[PDB]
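Doripenem (bound form) bound to Beta-lactamase OXA-109.
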Amino acid sequence: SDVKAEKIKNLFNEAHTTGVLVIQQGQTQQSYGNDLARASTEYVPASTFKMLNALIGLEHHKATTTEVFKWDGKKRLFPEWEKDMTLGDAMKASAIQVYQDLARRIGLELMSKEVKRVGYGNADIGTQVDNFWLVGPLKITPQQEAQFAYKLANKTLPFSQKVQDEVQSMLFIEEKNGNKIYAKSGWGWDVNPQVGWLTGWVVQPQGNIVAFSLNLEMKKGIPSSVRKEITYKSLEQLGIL
Ligand SMILES: *C(=O)[C@@H]([C@@H]1NC(C(=O)O)=C(S[C@@H]2CN[C@H](CNS(N)(=O)=O)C2)[C@@H]1C)[C@@H](C)O
């Protein structure tokens, strides 16, 4: 009961940061962590926007799942970004360059319309189609991120069933003890204070879907693993894993 949520508050505390974890089962949401006010606070989606970025591109034939985005050879911030990748490969590695290319294919006209049509966050993408999710006006609360993941998990987003099933496969991580796990990590360092994301959902053995969105403040020098660690540890303590 209230004891399960006391360890979660310590999990964010032992990481020396303030964060929240939103869990949605059915149409009900529950928040955990040390800064519960974060659940209703808007932050830049960062790489979590790639979920919707891929849905728009595939639905409007801007790209395909087998298309290969060749690396130009210029040095990148991460070594995993220095390779030719399909849209799916770029999703796991969080290759900003590939989805900036896709965003330029979609264009500000279609990008802004589709974001508003789905109702993603504040639905304000500004005028630059290649950076609105990292620093731009686009902001979203962790509650809206978990609600988005739950709808994508059940394929109830306003996109074709084919496209939703393709983006789902891009986000598949692992199957831990019979539970299939889908998630998309995010890290917006170009906003102060920095924000850390981990949005996804769990497909339990009987098919039940449990969506989640971890949101914490990416402090200076904090390890990027903390997002995945707190999320996995929390779901285990919540009986979901
Ligand atoms: C989006 O948030 C941002 C990307 N995305 C991420 C992220 O949180 O995954 C990072 S951090 C870095 C990227 N690649 C590593 C994880 N993928 S991996 N291990 O290679 O499979 C960690 C970075 C800030 C924007 C720039 O896309």
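Numbering of chain A is taken from the PDB entry, so the residues present carry the numbers 34-274, in order. FYI, side chains are in, hydrogens and waters are out, and symmetry mates aren't considered; it's all heavy atoms of this structure. Note that ligands are numbered from 1 as they come in the structure, with each ligand's atoms numbered from 1 the same way.
Here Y132 has no heavy atoms under 4.0 Å from doripenem (bound form), in either its backbone or its side chain. In this PDB entry, the source organism listed for chain A is Acinetobacter baumannii. The deposited entry places the covalent bond of doripenem (bound form) on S80 OG.
Doripenem (bound form) lies out of reach of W230, whose nearest heavy atom is not under 4.0 Å from it. The shortest heavy-atom distance from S257 to doripenem (bound form) is not under 4.0 Å.
Counting heavy atoms under 4.0 Å from doripenem (bound form), residue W220 touches it through both backbone and side chain. Assignment of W222 to the shell around doripenem (bound form) is supported, since a heavy atom sits closer than 4.0 Å. Taking every heavy atom under 4.0 Å from doripenem (bound form), one finds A79, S80, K83, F111, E113, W114, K125, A126, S127, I129, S218, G219, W220, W222, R260.
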